[PDB]
Trainee: 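Context: structure of doripenem (bound form) in complex with Beta-lactamase.
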Amino acid sequence: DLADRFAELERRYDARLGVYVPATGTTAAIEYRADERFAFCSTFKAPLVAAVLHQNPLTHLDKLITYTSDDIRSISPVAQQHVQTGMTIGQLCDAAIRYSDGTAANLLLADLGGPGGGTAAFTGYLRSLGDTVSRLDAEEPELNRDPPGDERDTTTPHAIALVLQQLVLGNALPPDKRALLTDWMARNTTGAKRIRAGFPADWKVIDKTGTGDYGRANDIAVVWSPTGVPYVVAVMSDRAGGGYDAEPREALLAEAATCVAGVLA
Ligand SMILES: *C(=O)[C@@H]([C@@H]1N=C(C(=O)O)[C@@H](S[C@@H]2CN[C@H](CNS(N)(=O)=O)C2)[C@@H]1C)[C@@H](C)O
């Protein structure tokens with residue numbers, strides 16, 4: 001039983017686990033705590049890049065953005081190397097997705113603009129995709145820090161899976177912008193030990209990860225079978241029982257994905 005297995009994993013890792021795979025032709029939806037709120041963490045960067053792509057001509061990607069010392073306030077493996085020179089919007093999108101750069105996300109939020117440093121417009125984008133659940137309230141690093149239970153900066157496995165489905169598989173973006181978003185997620189460097197680890201090598205995996213305080217570890221993916229059948233997989237977890245400093249546990253997501261992969265194979 002799938003639900004029994006997910007509950008076992010929760011006891012093993014002293015964690016709360018959320019899983020959603022939308023229904024397809026012949027497979028029913030997989031759901032475990034799928035309508036419970038979990039912090040976005042860095043998973044919001046996937047729809048953020050889509051929002052920025054949608055809002056502008058494609059050659060906005062070539063616009064240079066400048067920033068400084070006081071702009072580096074969170075984990076930013078790329079933006080710290082380029083503070084002296086600046087980064088184009090395209091470079092910022094690449095870094096936000098592939099390295100989960102926090103400063104890049106902040107700069108992209110500012111580019112989208114409006115109240116709350118871009119967070120209201122970000123939420124507005126999700127609303128336009130029929131998501132009435134998710135909300136973004138703060139930027140990096142505050143968005144990862146809300147107490148367990150707090151609804152600020154949250155999505156649900158269910159809501160984020162439906163958003164990602166429209167972005168990658170549906171027609172939320174035109175084909176050329178859709179391909180840019182897909183390729184970046186395909187070239188993600190942070191996801192090897194999460195959903196990727198649960199699926200056989202001949203299945204294609206594209207993803208965006210999230211990690212935060214209270215043992216928070218997320219992964220949202222689109223996967224393709226060897227025969228080109230796509231599936232959207234959302235896995236979210238936290239470990240509130242360990243407090244603010246609870247270690248995130250990638251292995252939980254890898255195990256949960258393995259259980260998902262077994263059903264879809
Ligand atoms: C988003 O959730 C934050 C940012 N994103 C992360 C992610 O995994 O999505 C990390 S980035 C980086 C990848 N793992 C590194 C830790 N090294 S370790 N412990 O050996 O795996 C961190 C980071 C939290 C947010 C800052 O934007």
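Start at 1 with the first residue, then count along the sequence. Start at 1 and go down the list; that is how both ligands and their atoms are numbered. What's counted below: heavy atoms across the whole structure, side chains too, no hydrogens, waters or symmetry copies.
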Trainee: Please write down residue, atom name and distance for the protein heavy atom closest to atom 4 (C) of doripenem (bound form).
Mentor: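 Checked against all protein heavy atoms, atom 4 (C) of doripenem (bound form) sits closest to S42 OG, 3.2 Å.
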Trainee: Please state which protein non-hydrogen atom is closest to atom 27 (O) of doripenem (bound form) and give its distance, to 0.1 Å?
Mentor: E140 OE2, 2.7 Å
Trainee: Tell me which protein heavy atom sits closest to atom 9 (O) of doripenem (bound form), plus the residue, atom name and distance to 0.1 Å.
Mentor: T209 OG1, 2.8 Å
Trainee: Give yes if a backbone or side-chain nitrogen or oxygen of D101 is under 3.5 Å from a nitrogen or oxygen of doripenem (bound form), and no if not.
Mentor: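 The answer is no, given that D101 and doripenem (bound form) share no N or O pair closer than 3.5 Å.
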Trainee: Measure from atom 15 (C) of doripenem (bound form) to the protein's non-hydrogen atoms and state whether any distance is below 4.0 Å.
Mentor: no
Trainee: Ignoring hydrogens, just give me the one of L143, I75, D207 whose non-hydrogen atom is nearest atom 24 (C) of doripenem (bound form).
Mentor: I75
Trainee: Which residues of the UniProt substrate-binding set in chain A does doripenem (bound form) share, counting a residue if one of its heavy atoms lies under 4.0 Å from it?
Mentor: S100, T209, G210, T211
Trainee: Heavy atoms only, cut-off 4.0 Å: how does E250 contact doripenem (bound form), side chain, backbone, both, or neither?
Mentor: neither
Trainee: Please specify which residue and atom carry a covalent bond to doripenem (bound form).
Mentor: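 The model places the covalent bond at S42 OG.
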Trainee: Considering only non-hydrogen protein atoms, determine which one is nearest to atom 6 (C) of doripenem (bound form) and report residue, atom name and distance to 0.1 Å.
Mentor: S100 OG, 3.6 Å
Trainee: Show the atoms of doripenem (bound form) that are less than 4.0 angstrom away from any heavy atom in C41.
Mentor: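 So the atoms of doripenem (bound form) that pass are 2 (O).
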Trainee: Among the residues UniProt annotates as active site in chain A, which one lies closest to doripenem (bound form), and what is the minimum heavy-atom distance to the nearest 1 Å?
Mentor: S42, 1 Å
Trainee: Strictly less than 4.0 Å: does any protein heavy-atom distance to atom 19 (N) of doripenem (bound form) fall in that range?
Mentor: no
Trainee: Look at atom 13 (C) of doripenem (bound form) and say which protein heavy atom is nearest, naming residue and atom and giving the distance to 0.1 Å.
Mentor: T190 CG2, 4.3 Å
Trainee: Return the residue, atom name and 0.1 Å-rounded distance of the protein heavy atom closest to atom 8 (O) of doripenem (bound form).
Mentor: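 The protein heavy atom lying closest is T211 OG1, 3.1 Å.
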Trainee: Quick one: what's in the binding site of doripenem (bound form) at 4.0 Å, using heavy-atom distances?
Mentor: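 Heavy-atom contacts: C41, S42, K45, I75, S100, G102, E140, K208, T209, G210, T211.
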